[PDB]
Enquirer: 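Take a look at the following structure, please.
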Amino acid sequence: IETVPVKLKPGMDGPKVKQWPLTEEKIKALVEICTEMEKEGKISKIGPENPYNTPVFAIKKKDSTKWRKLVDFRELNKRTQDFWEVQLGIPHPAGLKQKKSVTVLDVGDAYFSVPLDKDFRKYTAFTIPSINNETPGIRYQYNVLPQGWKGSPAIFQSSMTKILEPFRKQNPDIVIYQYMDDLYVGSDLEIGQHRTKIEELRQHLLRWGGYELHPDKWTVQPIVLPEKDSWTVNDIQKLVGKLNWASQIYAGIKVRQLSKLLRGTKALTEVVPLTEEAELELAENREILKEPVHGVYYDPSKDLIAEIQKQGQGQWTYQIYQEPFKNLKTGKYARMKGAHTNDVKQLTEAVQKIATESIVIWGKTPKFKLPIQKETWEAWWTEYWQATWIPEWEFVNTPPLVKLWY
Amino acid sequence: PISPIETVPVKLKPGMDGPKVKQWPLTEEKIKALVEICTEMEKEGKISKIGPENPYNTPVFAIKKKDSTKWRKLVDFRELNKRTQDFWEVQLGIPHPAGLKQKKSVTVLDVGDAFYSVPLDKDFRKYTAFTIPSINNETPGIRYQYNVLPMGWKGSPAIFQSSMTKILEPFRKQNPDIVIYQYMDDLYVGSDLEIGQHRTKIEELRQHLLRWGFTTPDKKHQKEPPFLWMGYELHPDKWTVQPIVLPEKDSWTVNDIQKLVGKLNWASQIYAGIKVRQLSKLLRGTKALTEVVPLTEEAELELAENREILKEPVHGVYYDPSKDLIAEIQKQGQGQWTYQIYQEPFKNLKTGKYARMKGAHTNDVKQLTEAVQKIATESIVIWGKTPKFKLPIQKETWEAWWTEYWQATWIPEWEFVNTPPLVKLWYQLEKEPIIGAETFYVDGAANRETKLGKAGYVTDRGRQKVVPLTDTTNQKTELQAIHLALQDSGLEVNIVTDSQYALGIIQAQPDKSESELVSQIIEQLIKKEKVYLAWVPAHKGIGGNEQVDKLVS
DNA sequence: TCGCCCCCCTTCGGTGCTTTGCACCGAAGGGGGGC
Ligand SMILES: C=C1[C@H](COP(=O)(O)OP(=O)(O)OP(=O)(O)O)[C@@H](O)C[C@@H]1n1cnc2c(=O)nc(N)[nH]c21
Ligand SMILES: [Mg+2]
């Protein structure tokens with residue numbers, strides 16, 4: 001095999017990200033996994049003269065009770081050259097979101113058969129920590145295409161297509177889209193017979209070397225307005241402040257009629273009858289909120305951004321956009337774990353679900369704006385992560401001025 | 001000896017050359033200290049003489065070692081270090097005695113001349129050029145280069161640690177039931193073998209180290225308790241910190257208080273209830289390390305309380321992996337928290353404190369959550385798992401908090417423990433307007449160019465007010481407008497503002513603040529009975545907000 | 001007149017917001033401790 005020469009972007013150096021503390025069982029899993037990978041030559045032990053590092057941890061899915069090593073190559077990926085400039089990128093198929101069942105398969109092991117450019121391997125270094133710092137950290141670097149590095153699907157592109165071609169040929173109405181280490185496989189087949197074809201694809205790939213999503217069932221949840229028999233001064237201030245905000249998104253939204261219903265300095269609990277004009281103005285605005293917004297189109301050259309608001313009782317609203325107030329999608333995520341009492345677990349799972357929808361729909365994950373303290377998130381989020389990819393995120397503290405999305 | 005281990009290749013940063021810094025004068029006692037070390041170092045091959053073809057140099061000096069008679073040779077490689085490549089440091093943290101399990105037999109060993117036993121990359125040695133001054137005027141000094149790791153070079157610690165790890169790796173794999181804590185060249189070796197079998201394995205380990213050029217002198221070979229290790233004393237059933245001597249001063253400087261606070265933080269790992277808020281306050285606004293700072297009355301009280309704690313003997317115990325980890329937190333006031341980690345009651349593994357002020361406005365529930373997160377992180381480091389928490393907060397208080405607060409938040413498995421003062425929410429805002437309560441439409445504005453502003457209100461019952469403000473901001477005037485509504489209203493009040501900013505602070509239910517004005521608002525909110533606070537967009541001319549916007553102009 | 005590591009407390013300065021100050025956060029100053 002001959003390696004593909006890979007570079008970082010001009011004027012950029014490799015990642016230098018610290019390893020964070022790991023539990024005893026995550027450390028032991030990584031030691032077992034890395035020891036086996038080292039014997040098989042997929043990784044090599046290195047010293048400290050390699051100045052780069054990338055954090056490593058481990059996840060375990062509930063329906064696959066074996067640990068899965070997870071290297072957080074997000075920084076290395078941002079610094080790696082683009083392969084759309086070196087002509088090795090993947091096209092997203094428009095038909096995947098049209099399927100009634102989408103199964104996620106982890107095909108990361110296929111990368112371990114292709115060696116990595118000798119000059120690039122130093123950028124893939126990671127460090128396994130030690131309980132109570134009994135020893136210094138143990139460092140490895142990759143000799144093959146690493147799981148989680150964006151260069152691996154690009155370099156392995158020709159190989160994976162030759163592997164899938166017979167299956168895609170035999171099942172022309174099944175759509176398979178590769179995103180990093182995952183295959184997203186959708187069909188309109190009956191659910192028990194969808195899983196049968198997933199097993200056939202599983203077996204066909206082993207000839208070389210998840211749970212069902214339903215985009216059919218993802219719905220948009222728009223801006224709704226309350227409906228009552230009687231309305232207070234406070235209700236109309238809450239109503240007008242909401243529509244005023246929504247006039248940044250929708251076209252021709254009016255608050256003069258309702259606004260005046262509030263003239264003078266009135267008590268908040270005073271009941272004000274709706275004038276017929278205002279009532280017309282209301283039902284007018286309710287209709288614009290009902291059917292979607294004109295003139296909003298996906299731009300593949302721009303990043304996706306996702307905002308999330310905690311609404312309470314396991315409910316989480318979210319919006320996906322590229323330019324402010326031009327939401328490509330608004331939705332609501334609902335918890336169902338059974339206990340009802342962990343915000344961080346619910347937000348982490350909400351992040352995975354929203355990012356999963358972005359992969360199915362657009363082919364990439366959005367940069368998240370998380371409504372959580374950075375230190376609260378970083379204390380717990382790895383305990384609930386189940387994806388082989390990790391999206392970009394940042395941390396925001398935005399009080400709800402209006403209960404907009406609920 | 002010099003380890004026959006392979007050298008680690010190192011480079012200078014791209015485009016950079018080597019250091020060229022002259023040697024400073026030194027005393028004759030240090031010159032003969034260095035000449036004795038260097039003459040013996042050259043005999044053992046640690047250094048080699050060089051000539052004028054090598055254009056580099058770097059200054060050298062010497063301090064004394066804790067072993068009182070020995071000197072330690074050091075080289076001021078600050079110039080070379082800046083031009084040396086970066087390294088990824090493999091020392092990720094400091095081992096703690098609370099993370100040790102009880103062991104039948106224990107040994108502590110230290111490697112002699114550790115760094116000098118590891119060879120340096122051959123192509124790199126020319127950059128370590130130095131000189132011994134020898135009574136500076138009499139003659140030009142003799143020049144050498146290092147053949148081994150120098151003390152003072154940026155790469156020496158990591159290259160040594162990496163070499164020590166390789167040397168120990170065969171012995172570790174052959175004896176998984178022998179715990180070897182490896183910190184630099186200090187080796188803690190514990191086992192559950194009988195003392196004769198244990199001493200056999202130590203001989204084997206020491207002989208393995210010697211074949212790779214690492215001696216273990218008898219002087220630093222500890223065989224019987226108490227073992228001196230990482231600043232602690234290891235007894236069979238317990239461990240203590242080595243004695244902590246607090247500074248004692250008639251007149252305190254800034255630097256004295258800095259030393260004192262550092263001592264107390266070190267002590268807080270096993271001495272419960274240490275506080276440093278009032279002593280650290282004395283450091284604020286100071287301008288020089290030698291500035292005399294008079295202790296406040298509160299700082300004297302805090303220091304006296306810490307001294308009483310420090311005169312009582314304490315000890316930690318060792319980790320039993322078959323039992324639960326339990327972390328208990330107590331509130332101490334003014335954003336200070338102390339905690340104990342134990343498994344059996346009244347036998348602490350370690351203690352600690354949390355007292356950081358994060359953000360301008362916060363409350364006790366947030367800070368308790370931060371203390372929980374610090375303890376969780378510390379417990380993962382030391383024991384590889386999260387403890388069960390005992391917290392002075394009612395389950396109702398917490399449940400109230402994480403359903404009203406708009407950010408995701410959580411605490412792991414925890415049990416209420418009634419140790420006053422309890423953590424509580426000091427007020428809550430009604431989710432609905434309050435029947436029969438006055439309705440205040442507040443607003444404030446400031447002219448950015450000038451320093452002036454106004455804050456005022458109008459009410460449903462006909463009350464109106466305006467207060468001129470000087471040296472203010474736009475955000476301060478809005479807090480002032482809320483400040484006045486609370487001042488002039490009864491125990492129940494409805495307030496409507498157009499400041500998303502002010503709404504954001506108050507809605508988070510802060511109970512403390514770096515801001516004097518926000519503190520006053522907090523004090524007023526605590527006195528109130530019911531408070532509903534609402535927001536409307538500005539300049540859209542809505543009801544009462546338009547008239548209060550009218551008024552402040 | 002040095003090096004590398006962890007910790008806390010204070011100070012400073014860069015970032016981005018439908019801002020004009022403000023809150024957030026990483027880095028660096030001081031201190032403790034280890035070898
Ligand atoms: C951890 C270290 C090794 C083992 O630390 P050590 O105290 O056991 O010393 P060493 O084995 O050399 O002599 P020994 O034979 O008496 O045991 C020493 O090589 C070097 C290093 N270290 C220690 N303190 C200092 C210091 O202040 N400044 C510097 N640059 N480096 C230092
Ligand atoms: Mg030594």
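Numbered from 1 within each chain, the chains take letters A, B, ... in sequence-line order. Ligands are counted one by one from 1 in listed order, and the atoms in each one are counted from 1 as well. Computed over heavy atoms, backbone and side chain alike; hydrogens, waters and symmetry mates excluded.
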Enquirer: What's the drug at ligand 1?
Expert: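 You're looking at entecavir triphosphate.
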Enquirer: Just wondering - which macromolecule does entecavir triphosphate hug the most here, in the naming of the PDB entry?
Expert: HIV-1 reverse transcriptase p66 subunit
Enquirer: Give the letters of all other chains with a heavy atom closer than 4.0 Å to entecavir triphosphate.
Expert: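 Heavy-atom contacts under 4.0 Å involve B, C.
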Enquirer: Below 4.0 angstrom from a heavy atom of B/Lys220, which entecavir triphosphate atoms are there? Numbered from 1 as shown, please.
Expert: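 Answer, ordered by atom number: 8 (O), 14 (P), 16 (O), 17 (O).
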Enquirer: At less than 4.0 angstrom from any non-hydrogen atom of B/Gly152, what atoms of entecavir triphosphate do you find?
Expert: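 This gives 30 (N) as the contact atoms.
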Enquirer: Judged on heavy-atom distance to atom 21 (C) of entecavir triphosphate, which of B/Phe160, B/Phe115, B/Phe77, B/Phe214 sits nearest?
Expert: B/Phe115
Enquirer: Under 3.5 Å between any N/O of B/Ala114 and any N/O of entecavir triphosphate: does that happen in this structure?
Expert: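 Yes, B/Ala114 has an N/O under 3.5 Å of an N/O on entecavir triphosphate.
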Enquirer: Out of B/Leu74, B/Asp67, B/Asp110, B/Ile63, who is nearest to atom 28 (N) of entecavir triphosphate when you count heavy atoms only?
Expert: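 That would be B/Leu74.
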Enquirer: Could you name the option among B/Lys65, B/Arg72, B/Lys66 that has the heavy atom nearest to atom 9 (O) of entecavir triphosphate?
Expert: B/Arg72
Enquirer: Mind telling me what name the entry has for DNA chain C?
Expert: DNA/RNA (38-MER)
Enquirer: Name every other ligand or ion with an atom closer than 4.0 Å to entecavir triphosphate.
Expert: ligand 2 (magnesium ion)
Enquirer: Go through entecavir triphosphate atom by atom and flag the ones less than 4.0 Å from a non-hydrogen atom of B/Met184.
Expert: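 Selected atoms, number and element: 1 (C).
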Enquirer: Tell me: protein heavy atom nearest atom 15 (O) of entecavir triphosphate, and distance?
Expert: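 Nearest neighbour among protein heavy atoms for atom 15 (O) of entecavir triphosphate, to 0.1 Å: B/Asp113 N, 2.9 Å.
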Enquirer: Report all residues and nucleotides of other chains within 4.0 Å of entecavir triphosphate (non-hydrogen atoms).
Expert: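 Non-hydrogen contacts come from B/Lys65, B/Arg72, B/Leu74, B/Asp110, B/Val111, B/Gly112, B/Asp113, B/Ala114, B/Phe115, B/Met151, B/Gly152, B/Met184, B/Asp185, B/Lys220, C/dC2, C/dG3, C/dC35.
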